[PDB]
Structures are given as C-alpha cells and as structure tokens.
Asks: 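Sharing a structure: nirmatrelvir (bound form) in complex with 3C-like proteinase.
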Amino acid sequence: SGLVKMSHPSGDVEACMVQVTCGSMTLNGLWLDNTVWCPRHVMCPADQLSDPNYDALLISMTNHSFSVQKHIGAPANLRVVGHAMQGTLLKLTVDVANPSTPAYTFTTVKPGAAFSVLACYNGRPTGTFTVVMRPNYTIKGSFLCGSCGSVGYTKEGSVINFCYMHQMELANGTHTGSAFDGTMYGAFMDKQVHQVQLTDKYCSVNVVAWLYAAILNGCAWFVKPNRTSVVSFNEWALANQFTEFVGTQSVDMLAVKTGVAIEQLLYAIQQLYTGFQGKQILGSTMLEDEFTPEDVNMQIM
Amino acid sequence: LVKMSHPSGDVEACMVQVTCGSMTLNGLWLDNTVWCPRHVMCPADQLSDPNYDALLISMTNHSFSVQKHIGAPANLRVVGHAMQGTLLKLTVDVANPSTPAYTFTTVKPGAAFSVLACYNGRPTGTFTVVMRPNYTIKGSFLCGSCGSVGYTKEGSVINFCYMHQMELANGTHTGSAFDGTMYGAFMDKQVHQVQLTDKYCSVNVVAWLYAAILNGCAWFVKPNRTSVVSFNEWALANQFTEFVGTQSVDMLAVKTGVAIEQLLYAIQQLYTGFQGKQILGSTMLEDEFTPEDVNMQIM
Ligand SMILES: CC(C)(C)[C@H](NC(=O)C(F)(F)F)C(=O)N1C[C@H]2[C@@H]([C@H]1C(=O)N[C@H](C=N)C[C@@H]1CCNC1=O)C2(C)C
C-alpha cells in the first residue's frame, strides 16, 4: 500500500543528547549551544516525588548540584555554570557550546500533527519512531523507565523544530511531555499522582488523507457522489468522537490529483464509521488517522 | 508496540552520491570501498535487458564520480571498479573516517531491519521493515532511492543487510544483499517479474499474541495445543510459514505461562475469523513484530 511510518534521520539530534544528573537522579538532556534542557523532576528524590515542591527544590540547588555528561561521539567535559527553572523544564547553562548544534526552533505541536521521537537511555540513543499528537494531548510511544527527556522533533529545511520532551506515562500505554517553553501538553502535572486523560477523538483531516491515499492506490469502493459539507460534518463530528475538520493546501492537492472532493470523503467517513460492512481499505477494517496529508503527499507524491 | 528503528547517525555518515555518465544514485562508503547498485552503468534507454559484463568493460578511469554531501563534504577519487553480483565495489583513495564496525548479514524472512532512505546521497527518512516470506519488503521508496541501505545493530556493530534496487508490479520492493545477490532472485533489469505469493510469518504472529497476553488481552488462550510438527503441516496449506521457535520466543512463553503450542492452536482458530472480538485492537493476524520486538518493548 506504499504508506510506512517514516521518521527523520536522527543523526542531527543524536549529537545533542546528554545525560543530566542531579545527585543520584539521572535522565536525558538536550545540549544546544550553551544550554542543556531536561525535565525538572530530576531534582526530585523518589520519596518526595508524590507531591514535590519544585521552587523549594530549586533554591536548594546551585550550579554544583548538576552534572552533565556526553557519552556519544566526542567526549564530555561539561561544567554547569548556570541554572534556571522554566515551566516543567530545567534550563542549565554550560560552559561549552555544542559544536554539533543544528539550526533549530521551538514550536508547539497541534493535535493530529506528526513528529519523530528519539528514545534515549542514560544519554544514549536507542531507537527512533514516529507519533501523532492525539486529541487528548498524549502520544502512544514506546517508553520504558529511564527514557525521560527523550526528544521529539520535525525537520523543515535545515531547521530542526524541537517540539516534545518526554516526561510521563499515564495509566494506559500512553505518554505525555512538554513543549520547550516548559508547558505540558494536556496540562498534566509532573507529580506521581493518579491522572486521567480526556477521551480521544479521531483526527478527521488525517482520516481524509488516508482515504485519498487509498483512492491513489486504486481502492475507491467507498467513494460515492453524495457529499457532506464541512460545516455539516463538524456538527456531526462533535457528537461522534471526531475532531473539527480543518482544510489545508496539502489536502487540497490530493483533492485535485484524485479528482475527488473533500465533501465526498467527509460523507464516506460518516458511513464507514458505522462499520466497513466487511470490506477492506488499504488492508484495514477500521479508520486510520496516523498519516497526515503531508505524509501522503510525500510518500505517494 | 510501535514500529521502531535504529538511530541512523552512524549510517548517515557513510552515505554518498555515486554518479556514472548521466545516471546517479546512492552508495555506501566503508573504509576504502563505496558500494552501490550496478545499474548506475546502464543508460536510461537500455534498462530493458542490459549487458553488465560489457558495461564494466567499457568503464574508464573517470567513468564514476562520488560525492559526499553530508558532514564535511568531499570529492572522493575512484581508483578501481569491481562488480559483485548486482553491486559495484568502487575503491576510493580516502578511507571513510566515520566507518563503524560492521558485518554483512543476510536477513531471513520474518526478520526486521531498519532502512535509511536516501536521495542524491542525502538521507531523507528512516523506517523499519520485515523481510517478507516472498523476499520482498513493503517500503516507501521513490525514484532516486536506489542504494538506500538496510541495517541492524547488534551491540555497537552495524549489520548491513540490504541495498535497494527496484519496485515490483505492486508497491513492493526488493534489493541486494551485500554479497551482490538479490533477495528472491529478481533480476536488475526492467522486465515484468512475478513475485511469489506472500505468507504470514508464523513466528511473528506468535510473538504478537504474546504481546497481547502481556497486555491483558488473553481471551484466545484455550488449553488446546497444536504441536509444531502438526502446525507446520497445516501451514503448508494455509499460507503460513514453517514455525521455527527461538530463545526469544521462549522468554515470552516463560514470562507468560502460555506455551508456544497453545498459540499455534489459537492461530488455526483465529485464521478462520476473530468471531467478533479483537486482539490489540485488530481483527486480523499481525505479523510485522518479531519476538525481539516484543521482548525489547514489553520488558
Ligand atoms: C519501478 C520501475 C518500473 C521503474 C522498475 N520496476 C521494474 O522494472 C520491475 F517491474 F521489474 F520491478 C524499477 O524499479 N527499475 C527499473 C530499473 C531499475 C529500477 C529502478 O529504477 N529502481 C530505483 C532503485 N534503484 C527505485 C525505483 C524507482 C521507483 N521506485 C523505486 O523503488 C532496474 C530494475 C534495473
């Protein structure tokens, strides 16, 4: 069917991973120029992790409280000379700028958008994969203990956009983290207390993209003349666990290429949601919302 | 359970662009050798059935050009060309300073490897595939992707196992092992070629059922068992591969209590239909996760 889960080559980001340690707590960090980023629950002792006091934990610290090492590529003479708190992240200043710092930005990711994740353990990259920010502001990653501070990113021209630093696993196999302004996706708390997510929805625009990808690979039995307006679809969606459909130029390109209108697919989504009646789309019997329109454009062209 | 692949920095440092006349594609730069698919020598017109022996003869001392775009750029000087099955070994006068420790393996069907997709010698994407029972992969490759490289990483050693060569009649792909021989014996020539029928990788379906049981979804576990011998006889007539168990599958059986043979019987049932229910959110047998996947990701 042509659609694999593709990630950005991780070499750029691999060169920026470090191990942050704070006493005997240790996790992963991002070394960009003279700054190391890592989640702030590294100051916390396991005992006090159930209801900690980060401002208290912070004034407790000085530069000497933190140690940063680099285990990958050229070794790791790193002296912390500054430290600040920023939302749920620590902002350490180190005395050596990273020579491997890529061109980069900090931007928050919206639901339905896809990014690449570099899973790291003790400052060592181990695996990469790709996730879609869910409507309930979680991601379904593969994160084992020691993975906090793993980094999520997308790439533009030469510009890496860092968008996600791992922090937590909720009661399902479900993860959340921070943007690089310190805020947490979905407003979860970096405290080991029971926290429930909101119910998830389908990303409508991605389901439309996948449907276009089927029409592009000669699977179009679900296409009829009938149409549902966008405004009509978004009303129906509020009551059916579906996100507002918001069009883009990527979607529009697929509409022109296949010659099938958005409104035709919004209608089909409404019929396929009640069940495929035992037929198959691209090898599947359920709606798929993990491929963005940009992905279909890249892979199917 | 996510489709997860090896971080690619090491392999990115070995990708280069090989150029021959008016043809260009990717190559791999190890020590003093650049590997790449031999049809770089074939003019676009004459791919229909080429004479690779003649083409290598017609090569001169500057018929090949190799550029490194990633990292510190460089023009590498070719100082010798050899063929080996469906690959060229070009010798260059500079050794890749970023050559990692590597080996040249050949994936058996069912095995998963990481792919680094390149265009014009620049990496653009990485994904993971399982070598299919019919020796194709379901990749995402466009034109210019030839010479893209598949690998696994045992410890700190990179196991190079695939160099990409062609797209078959469906959206399916195949390429060379690094001994120059093409998975599935497809030919590097532009002709219609028949792939054999695919099959489910029995041991991966077994792995996936274990990942279900590990995650609470154990409804399909009845006390009935089918023996490996029995199942294998059944597989020959139900599009399944011969089951060959491993120490990795045994880990899943020990940390679970369910025997390999119970799940072999379950597969004979689930093949007929899920009877309404679902396993890990699915209504079909999943066979793209290996026992090592389930071990690593549900430790
Ligand atoms: C798809 C096409 C009809 C063009 C053809 N297929 C068959 O000829 C078949 F029918 F035999 F398979 C085919 O792939 N090629 C024709 C010619 C080389 C190869 C080729 O251009 N390969 C590129 C990788 N080296 C990548 C391709 C580009 C499209 N997507 C890919 O992955 C050789 C087989 C020697």
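Quick note on labels: first sequence line is chain A, next is B, and so on, each numbered from 1. Start at 1 and go down the list; that is how both ligands and their atoms are numbered. According to its header, this structure was worked out by X-ray crystallography, 2.5 Å.
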Asks: Hey, which other chains get a heavy atom under 4.0 Å from nirmatrelvir (bound form)?
Replies: B
Asks: Counting only heavy atoms, tell me which of B:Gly175, B:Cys143, B:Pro50, B:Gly147 gets closest to atom 29 (C) of nirmatrelvir (bound form).
Replies: B:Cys143
Asks: If we set the cut-off at 4.0 Å for heavy atoms, which region of B:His39 has an atom near nirmatrelvir (bound form): side chain, backbone, both, or neither?
Replies: side chain
Asks: Indicate, as side chain, backbone, both or neither, the part of B:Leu25 found under 4.0 angstrom from nirmatrelvir (bound form) when only non-hydrogen atoms are considered.
Replies: neither
Asks: Any idea which part of B:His173 is under 4.0 Å from nirmatrelvir (bound form), heavy-atom wise: side chain, backbone, both or neither?
Replies: side chain
Asks: So, 4.0 Å and heavy atoms of B:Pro37: is nirmatrelvir (bound form) close enough to count as a contact?
Replies: no
Asks: Which organism is chain B attributed to in the entry?
Replies: Middle East respiratory syndrome-related coronavirus
Asks: With a cut-off of 4.0 Å, which atoms of nirmatrelvir (bound form) are near a heavy atom of B:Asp188?
Replies: 35 (C)
Asks: Any nitrogen or oxygen of B:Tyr52, side chain or backbone, less than 3.5 Å from one on nirmatrelvir (bound form)?
Replies: no
Asks: Would B:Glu167 count as a polar contact of nirmatrelvir (bound form), with the cut-off being nitrogen or oxygen pairs under 3.5 Å?
Replies: yes
Asks: Could you tell me, atom by atom, which parts of nirmatrelvir (bound form) come under 4.0 Å of a heavy atom of B:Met166?
Replies: 9 (C), 11 (F), 12 (F), 14 (O), 22 (N), 34 (C)
Asks: Which atoms of nirmatrelvir (bound form) have any heavy atom of B:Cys146 under 4.0 Å away?
Replies: 22 (N), 23 (C), 24 (C), 25 (N), 26 (C)
Asks: Considering the heavy atoms of B:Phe141, write down every atom of nirmatrelvir (bound form) situated less than 4.0 Å from one of them.
Replies: 30 (N), 32 (O)
Asks: What part of B:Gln193, side chain from CB on, backbone N/CA/C/O, both or neither, has a heavy atom under 4.0 Å from nirmatrelvir (bound form)?
Replies: side chain
Asks: If you take the nearest heavy atom of each of B:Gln195, B:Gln190, B:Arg38, which one is closest to atom 4 (C) of nirmatrelvir (bound form)?
Replies: B:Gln190
Asks: Between B:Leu168 and nirmatrelvir (bound form), which residue portion shows a heavy-atom distance shorter than 4.0 Å: side chain, backbone, both, or neither?
Replies: both
Asks: Tabulate residues with any non-hydrogen atom nearer than 4.0 Å to nirmatrelvir (bound form).
Replies: B:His39, B:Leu47, B:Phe141, B:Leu142, B:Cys143, B:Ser145, B:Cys146, B:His164, B:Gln165, B:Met166, B:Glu167, B:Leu168, B:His173, B:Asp188, B:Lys189, B:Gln190, B:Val191, B:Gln193
